[PDB]
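Here is the naming used below: chain letters follow the sequence lines, and residue numbers restart at 1 for every chain. One-based numbering, in listed order, for ligands and for the atoms of each. As a basis for the values below, the full set of heavy atoms in this structure was taken, side chains included, without hydrogen atoms, waters or symmetry mates.
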There are 2 protein chains.
Amino acid sequence: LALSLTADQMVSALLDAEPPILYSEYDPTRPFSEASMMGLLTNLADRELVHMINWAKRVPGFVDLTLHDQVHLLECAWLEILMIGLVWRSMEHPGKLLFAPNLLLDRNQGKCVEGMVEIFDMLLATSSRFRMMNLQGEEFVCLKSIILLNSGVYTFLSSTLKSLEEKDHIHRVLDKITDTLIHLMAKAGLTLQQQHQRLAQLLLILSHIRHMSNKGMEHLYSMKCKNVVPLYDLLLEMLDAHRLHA
Amino acid sequence: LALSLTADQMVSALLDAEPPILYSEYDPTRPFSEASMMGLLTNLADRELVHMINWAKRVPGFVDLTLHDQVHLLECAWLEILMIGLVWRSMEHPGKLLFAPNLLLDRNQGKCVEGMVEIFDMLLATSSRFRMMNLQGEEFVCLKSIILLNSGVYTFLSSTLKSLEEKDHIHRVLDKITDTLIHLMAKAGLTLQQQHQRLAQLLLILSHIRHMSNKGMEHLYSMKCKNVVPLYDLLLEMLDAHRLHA
Ligand SMILES: CC/C(=C(\c1ccc(O)cc1)c1ccc(OCCN(C)C)cc1)c1ccccc1
Ligand SMILES: CC/C(=C(\c1ccc(O)cc1)c1ccc(OCCN(C)C)cc1)c1ccccc1
């Protein structure tokens with residue numbers, strides 16, 4: 001039961017579920033000018049998605065939900081989740097975005113990546129904010145978890161009895177993550193006021209991540225494929241797994 | 001000095017700055033089928049904007065900022081501010097959106113308003129959430145203020161000394177509003193844990209309001225005018241006021 005976990009149990013659970021940092025797929029020995037930035041990012045995102053699924057399934061309370069709800073939450077939050085991870089790893093690289101350990105781009109270079117005319121600078125600003133706030137890994141994982149659960153909680157299908165139970169559960173887990181964040185801050189020696197203030201500062205950044213995701217999706221949709229299986233179905237295929245590999 | 005205000009002083013200040021509820025402009029005696037929903041909403045929004053300016057100038061700390069920064073914050077947050085007001089007044093009208101006291105539309109009716117294919121339902125969901133949470137007016141005004149100050153704090157021009165001072169001031173005011181929200185909750189008899197949890201629940205709703213604003217702007221831009229003075233300049237004209245009427 002995810003609702004019985006203690007703060008320390010929540011943090012350890014989340015830290016343990018952290019996905020790996022992937023590398024971009026390209027010939028390091030071959031010219032950089034040849035590669036396509038969007039092709040590289042698209043390929044990176046596609047590989048990260050599989051791992052994101054694995055991660056989501058390990059976020060306490062997520063698997064307690066229905067398959068359809070798990071799919072909806074991920075379809076809503078996937079890009080925000082990729083972006084917050086990106087901002088996090090770019091924290092110690094002022095002026096640059098570490099898309100991957102072998103793919104670090106600066107402002108000027110960004111000016112040439114399609115669909116990033118506005119968001120590159122927004123992402124840098126967010127990374128800078130995390131740096132000023134001295135965001136901790138324990139805090140980062142709670143935030144990423146909040147995004148996954150909060151993403152599409154208010155865009156759910158209907159109001160069936162099961163749907164009401166689902167929403168309630170999500171809000172209870174979210175409440176548990178808030179408690180965890182406060183605990184982490186209390187442990188760090190922050191005063192009560194400093195605790196409330198930091199919690200708020202952190203949650204307000206999530207509105208900026210949503211903004212960046214919306215702007216990114218606007219571009220991705222403006223170059224949408226044709227007869228390509230919908231994200232929903234791909235997520236479903238990956239989420240709707242059997243236990244034959246148990 | 002807005003930074004010296006007490007919680008009770010902050011709330012009274014915000015409540016006092018509340019803008020009036022405007023009416024839609026149309027012949028109540030004439031057929032409804034004749035009017036254009038987007039024309040009505042556009043005309044309503046335009047009139048609300050002037051009053052929003054007046055309101056912003058009365059949000060503690062806002063006028064301490066530069067004119068250019070005041071304009072940037074409003075250009076980023078204006079639609080979120082209109083939307084949160086809309087959700088707030090539709091709170092006691094399940095299944096309907098009270099665009100104005102003389103303009104209440106239900107789901108089915110929304111299905112016919114351009115640009116609202118997705119956001120109508122999202123707005124209803126938000127109103128429903130506020131209802132379940134039993135959101136208070138004192139809380140609502142703090143939230144609207146947070147939107148105004150948080151909106152474009154991370155999309156500011158450069159990093160000049162003045163810009164760094166500006167950002168710091170905004171974050172200090174935001175911190176003061178957080179304290180105010182916690183105070184309001186403590187006064188309502190909520191426990192410390194219930195306080196942190198509610199603060200988080202309220203701030204997470206702001207990410208959904210940002211989402212709705214982005215979707216709305218997507219449509220508005222898809223029907224953008226030509227030789228029409230940019231929003232920035234209109235906001236500037238309204239904000240850059242003289243004191244000859246003092
Ligand atoms: C911010 C970089 C980025 C992507 C990205 C972000 C973080 C990360 O870890 C990896 C990639 C990005 C780019 C493309 C993309 O494609 C997904 C859609 N495919 C399935 C067609 C996803 C993310 C992007 C998104 C929208 C527009 C421009 C760039
Ligand atoms: C949600 C209703 C709405 C508007 C609205 C919201 C709250 C409120 O109090 C009043 C209106 C809306 C519609 C049009 C609009 O136009 C502004 C641009 N003009 C200057 C060209 C602004 C808001 C809207 C926005 C985008 C798409 C579809 C509808």
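The largest share of close contacts with ligand 1 comes from the chain named in UniProt as Estrogen receptor.
The drug observed at ligand 1 carries the PDB name 4-hydroxytamoxifen. Contact chains for 4-hydroxytamoxifen (ligand 1) (heavy atom under 4.0 Å, other chains only): A.
The site surrounding 4-hydroxytamoxifen (ligand 1), defined by heavy atoms under 4.0 Å, contains A/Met38, A/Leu41, A/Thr42, A/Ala45, A/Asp46, A/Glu48, A/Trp78, A/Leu79, A/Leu82, A/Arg89, A/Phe99, A/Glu114, A/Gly115, A/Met116, A/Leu123, A/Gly216, A/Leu220. Residue-ligand proximity, A/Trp78 to 4-hydroxytamoxifen (ligand 1), at heavy-atom distances under 4.0 Å covers atoms 17 (C), 22 (C). Annotation for 4-hydroxytamoxifen (ligand 1): atoms under 4.0 Å from non-hydrogen atoms of A/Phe99 are 2 (C). There are UniProt 17beta-estradiol-binding residues of chain A with a non-hydrogen atom under 4.0 Å from 4-hydroxytamoxifen (ligand 1), namely A/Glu48, A/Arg89.
Residue-ligand proximity, A/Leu123 to 4-hydroxytamoxifen (ligand 1), at heavy-atom distances under 4.0 Å covers atoms 1 (C). Of all atoms in 4-hydroxytamoxifen (ligand 1), listed by their number and element, those nearer than 4.0 Å to a heavy atom of A/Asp46 are 19 (N), 20 (C). Listed by number with element, the atoms of 4-hydroxytamoxifen (ligand 1) under 4.0 Å from a non-hydrogen atom of A/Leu41 are 2 (C), 11 (C), 13 (C). For 4-hydroxytamoxifen (ligand 1), the polar-atom distance check finds an N/O of A/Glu48 within less than 3.5 Å of one of the ligand's N/O atoms. Checking only distances, A/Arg89 does come within under 3.5 Å of 4-hydroxytamoxifen (ligand 1), N or O to N or O.
The UniProt domain of chain A holding most contacts with 4-hydroxytamoxifen (ligand 1) is NR LBD.
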